[PDB]
Q: 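Got a PDB entry here containing Taxol. Few questions.
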Amino acid sequence: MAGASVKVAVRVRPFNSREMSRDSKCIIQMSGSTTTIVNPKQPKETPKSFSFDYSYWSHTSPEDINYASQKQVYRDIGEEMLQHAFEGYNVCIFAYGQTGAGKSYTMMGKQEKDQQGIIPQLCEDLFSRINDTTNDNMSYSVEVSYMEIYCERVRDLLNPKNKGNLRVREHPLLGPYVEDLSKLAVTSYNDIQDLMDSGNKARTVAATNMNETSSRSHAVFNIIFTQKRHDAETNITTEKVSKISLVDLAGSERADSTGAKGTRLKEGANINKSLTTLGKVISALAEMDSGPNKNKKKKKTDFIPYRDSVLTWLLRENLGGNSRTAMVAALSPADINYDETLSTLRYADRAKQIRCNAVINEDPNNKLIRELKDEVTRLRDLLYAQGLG
Amino acid sequence: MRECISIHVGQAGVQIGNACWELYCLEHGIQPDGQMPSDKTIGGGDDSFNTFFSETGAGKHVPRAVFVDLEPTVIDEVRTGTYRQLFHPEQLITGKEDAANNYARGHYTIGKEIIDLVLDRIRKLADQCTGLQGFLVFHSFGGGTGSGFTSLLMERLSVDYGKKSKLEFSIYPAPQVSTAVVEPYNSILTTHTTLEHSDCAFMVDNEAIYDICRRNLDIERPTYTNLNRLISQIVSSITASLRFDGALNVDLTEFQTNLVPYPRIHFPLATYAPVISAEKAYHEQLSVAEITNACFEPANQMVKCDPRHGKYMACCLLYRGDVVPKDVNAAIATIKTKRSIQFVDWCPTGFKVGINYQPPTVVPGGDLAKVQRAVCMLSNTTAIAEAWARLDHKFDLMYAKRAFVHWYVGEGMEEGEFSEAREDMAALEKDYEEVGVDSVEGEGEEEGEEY
Amino acid sequence: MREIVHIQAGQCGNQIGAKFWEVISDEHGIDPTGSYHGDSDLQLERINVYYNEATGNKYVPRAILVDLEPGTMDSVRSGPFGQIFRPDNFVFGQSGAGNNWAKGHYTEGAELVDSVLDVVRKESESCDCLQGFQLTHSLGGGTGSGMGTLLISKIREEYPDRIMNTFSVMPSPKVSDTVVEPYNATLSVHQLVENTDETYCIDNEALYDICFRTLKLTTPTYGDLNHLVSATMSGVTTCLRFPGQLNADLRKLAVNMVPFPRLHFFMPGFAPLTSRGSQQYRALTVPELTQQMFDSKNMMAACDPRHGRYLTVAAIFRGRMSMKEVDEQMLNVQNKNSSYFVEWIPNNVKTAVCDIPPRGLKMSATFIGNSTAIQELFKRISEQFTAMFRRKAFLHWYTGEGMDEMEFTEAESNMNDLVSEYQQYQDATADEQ
Ligand SMILES: CC(=O)O[C@H]1C(=O)[C@@]2(C)[C@H]([C@H](OC(=O)c3ccccc3)[C@]3(O)C[C@H](OC(=O)[C@H](O)[C@@H](NC(=O)c4ccccc4)c4ccccc4)C(C)=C1C3(C)C)[C@]1(OC(C)=O)CO[C@@H]1C[C@@H]2O
Ligand SMILES: Nc1nc2c(ncn2[C@@H]2O[C@H](COP(=O)(O)OP(=O)(O)OP(=O)(O)O)[C@@H](O)[C@H]2O)c(=O)[nH]1
Ligand SMILES: Nc1ncnc2c1ncn2[C@@H]1O[C@H](COP(=O)(O)OP(=O)(O)NP(=O)(O)O)[C@@H](O)[C@H]1O
Ligand SMILES: Nc1nc2c(ncn2[C@@H]2O[C@H](COP(=O)(O)OP(=O)(O)O)[C@@H](O)[C@H]2O)c(=O)[nH]1
Ligand SMILES: [Mg+2]
């Protein structure tokens, strides 16, 4: 077996038309692997500072210095994970972010094909390498499935039948799976995107006090990739099978923001429970990865609470074992949503928690005064030590 | 008219209210059915004091009280008890399940659908009131209703009324003793509302009262009735200054003005000096000096924290009975010379004094002796930080593994609401550690110009 | 008004339910005809928790009785309290499950479940504010285990936000009455772990030990064991029906006892229990009840707590008593046996006090523990399960009713995962690397 490190990425977004028209001010600053946020109503106290692995300032589109270009993000996550998948190991992207955060742009990108998301670049690179390396001996097959999780019940997004609750089973060797989940082959990435649009049309969406169309459920797009090898014999062997998972996570809601009763509160509670369990398993896996990776001791196998939710149960193979993980969080850049943004950071801080310390914005006047005082002290000490004053 | 509205939330609040209203009815000669034979016998007077009772035309007296709970049991015990005819038939009881020791259940899910009725009744009481002074909220940390619903109620009251004072009596969890597994979560989560919205929060501890009721009042097996009676005596000592005459009279605003150096440190301790049994009431002079000294004894504190580990920032002494100002001055002078009692260097005065002529009453069937003098001391000090620090440690030991968390998130909260609250708690602790430090040596570093 | 719907399936469930309705009925003063002939007034205030009010000043329990054979219905009707129940709640068929879990879950119970759910829905729609459900059944049996699991699945589907207790009589090593116990036990606990908020652990060996050693009964019978289980069943929900100094609802127990969703298997106990003639020789006080509650031989699950650690414990006292004594005794128990309590919970003792004790005793107490030692009760079953599954000892009886070999493997895996989850907290430190 092997561990599975997790890459924590956070990205802002350039203002939108409504934001631009209004006089709203930005509130998020980002430098290196650190971000800081200022409370608009408490300018006096302090800014909250968090430190991630990967930090991306996509605020100023025409910026030339320290602009988080889309190709940069793709090279920094998706290329490495696709290479890992080609070696024959399962990999996964979680996409977290509340309404207005801008998760969809990062995950899919614009249809103009000038600014891409992670999914189109991954699919294009996969199929380019498939066509490039298809020699006489090697064969490649790709299949796609798209499911939805709602109130701890699985539903099919591609099959147009009645939205019944599918049954979750556990094959002894192939692990957890879902019965009657339609599985389809695809020849071009255009087919993949068409299927994605068709499934996204079928997502369970309800109107809230915040937005009229907010996702009420999780969604998983699995790309199943099979490599067949033809050695110099009569035996053709399916050498490895690997999975690429694209999980869309709904945000975390508060009952105060959405005071609706009945189905709405049930959906919110289920979403919060699933997100908490997902964070717990990811944190445990990151800790277990970090430990052996340096110490190389096998502390039994610990216990990873996979079964506490259907989401972590179905993604059991992808998360655990020899695999790769990466979570991307979108942070709206306005202020009106300040608390929301903070919550996102607090969810993106979870797992692989690392030390950030306090970021202090010094007054330039006091900085210059202190520097000049130090210079005067040094020069005076040098002069008086030699008896020249 | 100096008038206050008492709000009782949760089981602890309702039972403390039972004790308090027994004491008030005994104090003012009001019968359990609301009638006062004293006025009929004498002819008239002000014995229908407007602080706690509103008088109707027929001569009945209705308390200015609001009881709230999510269970029907504790209030159904009052609707069919001895005082069933004293209270207005409203009691604001949600005929549903309880908060179930869950802050989120009492603040988000089930706290709604009952807050509106409570606020409507509070507004109805306030409309009848002239010259309202403040609110007296009784609750308990560690409970579901008493934490979450109290937080919601305090937030809404601060939004609505704003300027009126809001005094809070609360039962902080004990260090070792407890009656629930998830006390730290609720107690920490209540920090937000008990900090920003309340004006002065008095904390009492069950372990301290058990210790008192075993060394002083020699009882070996106490129940909650004794604790509620002692707390009722404390509240009566606090509120006596706007019901009866006295040489020096202290209103509710003077309390806040004298005991609160900064807005964020309004957590004073409270103590009652002449806690003694009838048998030991003899063999004891019980002079002003003795009770004043006993107020400062660490053993007699109502919260398990040692004052010697901190510094006193303010004190407020409320005397009752045959007390003369000269003896109070002598006692304060004697206390100021002791070395074990350290005051912060930036508060040279450090004492508020109030004297009231009305002596304390004796509840029939009670445990306290009849005495001629009494004193209640409030002390804003830095030792309270210790009482918080232990709790924080406990919280960490449960939040590292995220135990019991899914119950809270299943009712409408999120994980972050934990951590934020903890951070806020840390800030409060640091604030105390900032204020108890002595002023830096020659606070203008050093000085001295030519001449 | 908190109210509870009671369900009883199978022979063991019906017997325990009948005894339970006789124990609760006395406490609340109910004539076997149904009229009220009590003395106190605190007995009718919360009568609606368990009873509906009929027209002619008569009270009918909310019991629902399920079976796949009419014999146990006939036994219950021809009994001391047979006429108390509503005859429309006697749901039953014929050609019983034959101690086959598949028949109870897939073939025979699938036809009677619709009628049982119709009755349950009719009963629950009349509730002012339904709190939760109770189900009494045996894991090692036929119709009981399968029908109970199928029902619990359906009600959890229909009422996801309501508590679901369960008093389960699971098999025991020495006192084994049927040869296919492990299959039924595994296939049942595969379902109970998913769709139940609280499960109480009972087995006949522990109750026999209590009868022989504590009560010194020469020839105990099933009536006694049911009498105990009934005592525990009332003591759990005493606080819902009566006032007290510090109340404790079912949801409070669930919140305070369950740290994580899958660890909800509890060890029940009751005190005081003496052997008639010894009564005069011992005084009744809070320390005596505390000592008897935590005694290993008093437990009703046949799992020694000394082999593990208590994740949580709850104590519901009934009687006039001092809160200081209760708190000091719980603190003393925690501080003395410090090795048997988990370190990362600062205080793991819930305490509740009810004012009015059981009729006949000045003091009583119920204990609900939650400890890692429960893993043993699963492990043994799993061992026996594999000892029968490697050779497929009686598998054709199950696969002939629509089941498949995969389901047994999923159930075994779920048992093993639950055992590991409970075992992770058992060891008394984690320092080395
Ligand atoms: C008169 C008296 O005080 O004698 C006791 C008595 O001697 C003892 C031995 C009783 C007696 O119990 C037994 O002998 C017994 C036999 C088999 C299984 C269980 C018990 C008693 O029968 C049990 C009986 O208990 C009750 O009456 C409670 O209400 C009890 N309910 C019933 O027993 C009951 C059964 C059928 C119909 C109606 C009531 C109860 C306890 C807890 C919660 C709810 C109900 C009492 C007081 C006694 C006797 C009569 C000897 C004991 O039982 C209980 C639960 O109290 C057994 O050890 C305890 C300790 C008691 O001291
Ligand atoms: N001093 C004192 N404390 C009490 C009394 N009753 C309850 N308490 C305290 O209350 C705590 C339990 O939480 P509660 O305040 O009762 O919670 P609640 O008000 O019943 O609200 P729920 O949790 O929803 O039931 C215990 O730890 C006690 O310390 C009392 O009569 N006197
Ligand atoms: N890096 C970026 N550069 C430029 N524009 C961006 C960037 N990120 C996001 N955007 C803008 O964000 C818009 C999409 O935002 P939107 O679809 O509302 O996010 P969202 O719907 O809240 N995500 P979600 O609801 O969680 O699926 C795009 O049309 C872009 O204009
Ligand atoms: N306590 C108790 N246990 C019983 C009783 N009858 C059967 N059992 C237990 O239940 C198991 C048999 O299950 P059974 O009742 O036949 O299940 P059913 O066929 O579905 O009703 C045995 O292992 C017994 O230990 C009873 O009257 N009381
Ligand atoms: Mg309560």
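All chains are named by letter (A, B, ...) in the order of the sequence lines, taking the proteins before the strands, and each is independently numbered beginning at 1. Whatever order the structure lists them in is the order used to number ligands and atoms, beginning at 1. The structure has been trimmed to a portion of the entry, and contacts are counted only among what remains. The figures that follow rest on heavy atoms only: side chains count, while hydrogens, waters and symmetry mates do not.
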Q: In terms of chains or ligands, where should one look for Taxol?
A: ligand 1
Q: For Taxol (ligand 1) in this structure, which bound macromolecule has the most atom pairs within 4.5 Å, going by the PDB entry?
A: Tubulin beta-2B chain
Q: So, around Taxol (ligand 1), which other chains have a heavy atom under 4.0 Å away?
A: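 By heavy atom, the other chains are C.
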Q: Which residues, given by chain and number, touch Taxol (ligand 1) within 4.0 Å on a heavy-atom basis?
A: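 The site of Taxol (ligand 1), heavy atoms only, is C:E22, C:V23, C:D26, C:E27, C:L215, C:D224, C:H227, C:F270, C:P272, C:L273, C:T274, C:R276, C:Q279, C:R318, C:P358, C:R359, C:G360, C:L361.
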Q: I need the source organism for chain C from the PDB entry - what is it?
A: Sus scrofa
